[PDB]
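Figure: GSK461364 in its bound pose on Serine/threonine-protein kinase PLK1.
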Amino acid sequence: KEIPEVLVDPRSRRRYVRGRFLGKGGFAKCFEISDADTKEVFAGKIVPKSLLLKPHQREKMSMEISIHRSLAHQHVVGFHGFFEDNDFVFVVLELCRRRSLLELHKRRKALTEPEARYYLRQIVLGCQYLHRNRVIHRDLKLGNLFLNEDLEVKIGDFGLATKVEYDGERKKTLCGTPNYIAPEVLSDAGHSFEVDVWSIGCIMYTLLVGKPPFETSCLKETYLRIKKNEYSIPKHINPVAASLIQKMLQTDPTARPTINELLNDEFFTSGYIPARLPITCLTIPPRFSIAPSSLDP
Amino acid sequence: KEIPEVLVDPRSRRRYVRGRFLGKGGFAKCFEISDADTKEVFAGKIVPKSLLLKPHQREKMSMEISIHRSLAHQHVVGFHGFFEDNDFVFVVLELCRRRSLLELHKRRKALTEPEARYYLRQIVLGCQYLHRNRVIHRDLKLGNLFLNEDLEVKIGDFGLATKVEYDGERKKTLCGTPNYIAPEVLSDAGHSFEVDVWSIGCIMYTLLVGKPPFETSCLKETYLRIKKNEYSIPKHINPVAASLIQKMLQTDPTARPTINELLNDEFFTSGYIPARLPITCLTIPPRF
Ligand SMILES: C[C@@H](Oc1cc(-n2cnc3ccc(CN4CCN(C)CC4)cc32)sc1C(N)=O)c1ccccc1C(F)(F)F
Ligand SMILES: C[C@@H](Oc1cc(-n2cnc3ccc(CN4CCN(C)CC4)cc32)sc1C(N)=O)c1ccccc1C(F)(F)F
Ligand SMILES: [Cl-]
């Protein structure tokens, strides 16, 4: 089944022109689309209804939309609406013109500490909003931490997300395999908000070190290292940053910081956080003083 | 970790006395130092080994030294040797007593055309030597164009410099952010010797106009102007000078003059070049 050249909404009679191809997310394909009337450009997620025939996939799609449409925060990908024809489901999302932290990490590898801190603070602010709205993402990775023109982080891809119905509710079932598998998900012990802090722990490590904390050449060794909490922080990592990674990457979920305690860590409160990053930071490391002061030209 | 009062070389047993503070280059600190034996005064670059613990910083430091130690030209800062203790790396460089073109430009702003031509010819001569030795500086700015007692230009600071291994090699990765970002570096398209001509273009503009060609109050507008090659030459600039700036500041790297063609421009061949500049030119405009 071919994808339509123009995407028409039965209800609001809104019509979008299928522009540049952006990429595919497993089962879904993503295109740059523009409203023919207003000329406003969006990120169109397009899922073949042929691949939703399995009821367990319809649950996943409906749950993703239900969660994403209820969210509105400057560090969460905007949800502008959804619709369907008889062949495809169309989801209209905020366009983040600088792709995601995955593309940045592939080009730059290890970031400077101020860059890491700049990105991580926004990731935590976004996740804080989710957790306060009783949402667990359960699949935070570089690839779904999107970047807009101003290099502001936007959390997207709620494909594995669940809503907590009461305070201390623990979940078992996932409709897919998270990128950063927390030890309580691997052991099938039940999980809550703490999985998001684990993945933020893996993300922080990757940004500062330039490679993942657990990932090896084979998944069998990868998952054994996660089970036994076997990872090594290079001595070149600063003591405050090293400390915060150790807090987040703990086997005991109750031992990890909450998202509120995470934001109030010395790493953020006592560390230099740039107000802006120059656009050159996508490809080349920026200059920072040993002791940056807001009393300087 | 405190910096030693006297700097001792394990090999050669050479010993220098840490004199007047000259300034800091981001991660490095620079001091006026003198050989206790010969009394010869040098510029000592001192880098804490604590800040080199990240291997990708050790590559940058070793590459800078490797390139700089292989160079010997009257328009390139002399490299007299390097050594280390367990806490610091020490690099001994030629002392340029009149600092750099940045300090001159801050005091004088727009130079006269003969002054501009005098400085630019030496900058090009230095860069010509680099390019002939398959070296791209990639960070030429007023701040690393140093001036000796006689106001002769010396190119220093090979912190972002790379050596070209083969004919037609194009480079991607920079270990820092150049002051004058060429459009092919901004677009991550690959770059070669042409970036040096771009920066010489920006430098020539700044010397004659008294402000940078692209730099605005915000970096977002600055980088958009570079991408689209949006800049304005004041009508008061002479036509031959204006022409040469237009040749160097082109988006297409292949369209720019080479460093050899640059030197043979009408601006240099047909323009008045002073043999010397008087020391008063640091603070007040000279007569010709
Ligand atoms: C299905 C798609 O969903 C999106 C897309 C979004 N998106 C918004 N603006 C964007 C600008 C560019 C890119 C391009 N992709 C290429 C692959 N890369 C790993 C991430 C950026 C994607 C952009 S947000 C969002 C979401 N679900 O919230 C998606 C989700 C997760 C990983 C990859 C994609 C996909 F590759 F398909 F794009
Ligand atoms: C790290 C240092 O390295 C040097 C220093 C050199 N140098 C030689 N004689 C000199 C007389 C005075 C001054 C002082 N600076 C103050 C700042 N100004 C922008 C330039 C002159 C520096 C002199 S040459 C040279 C080099 N790497 O080739 C350096 C490189 C680039 C910009 C600044 C400095 C630093 F500020 F640290 F000095
Ligand atoms: Cl990992």
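Within every chain, numbering begins at 1; the chains are lettered A, B, ... in the order of the sequence lines, protein sequences first and strands thereafter. Atoms considered below: every heavy atom in the structure, side chains included; atoms not considered: hydrogens, waters and symmetry mates. One-based numbering, in listed order, for ligands and for the atoms of each.
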Exercise. In terms of chains or ligands, where should one look for GSK461364?
Worked result: ligands 1 and 2
For this session: Enumerate the other chains with heavy atoms less than 4.0 Å from GSK461364 (ligand 1).
Result: A
For this session: Name the UniProt ATP-binding residues of chain A with any heavy atom within 4.0 Å of GSK461364 (ligand 1).
Result: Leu22(A), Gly23(A), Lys24(A), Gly25(A), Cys30(A), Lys45(A), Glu94(A), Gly143(A), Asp157(A)
Exercise. Measured between non-hydrogen atoms, which UniProt active-site residue of chain A is closest to GSK461364 (ligand 1), and how many Å apart, rounded to a whole number?
Worked result: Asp139(A), 8 Å
Exercise. Which UniProt domain of chain A has the most residues touching GSK461364 (ligand 1)?
Worked result: Protein kinase
For this session: Write out the binding site of GSK461364 (ligand 1) as chain and residue number, heavy atoms closer than 4.0 Å.
Result: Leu22(A), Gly23(A), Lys24(A), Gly25(A), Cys30(A), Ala43(A), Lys45(A), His68(A), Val77(A), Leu93(A), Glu94(A), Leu95(A), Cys96(A), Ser100(A), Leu102(A), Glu103(A), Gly143(A), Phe146(A), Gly156(A), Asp157(A)
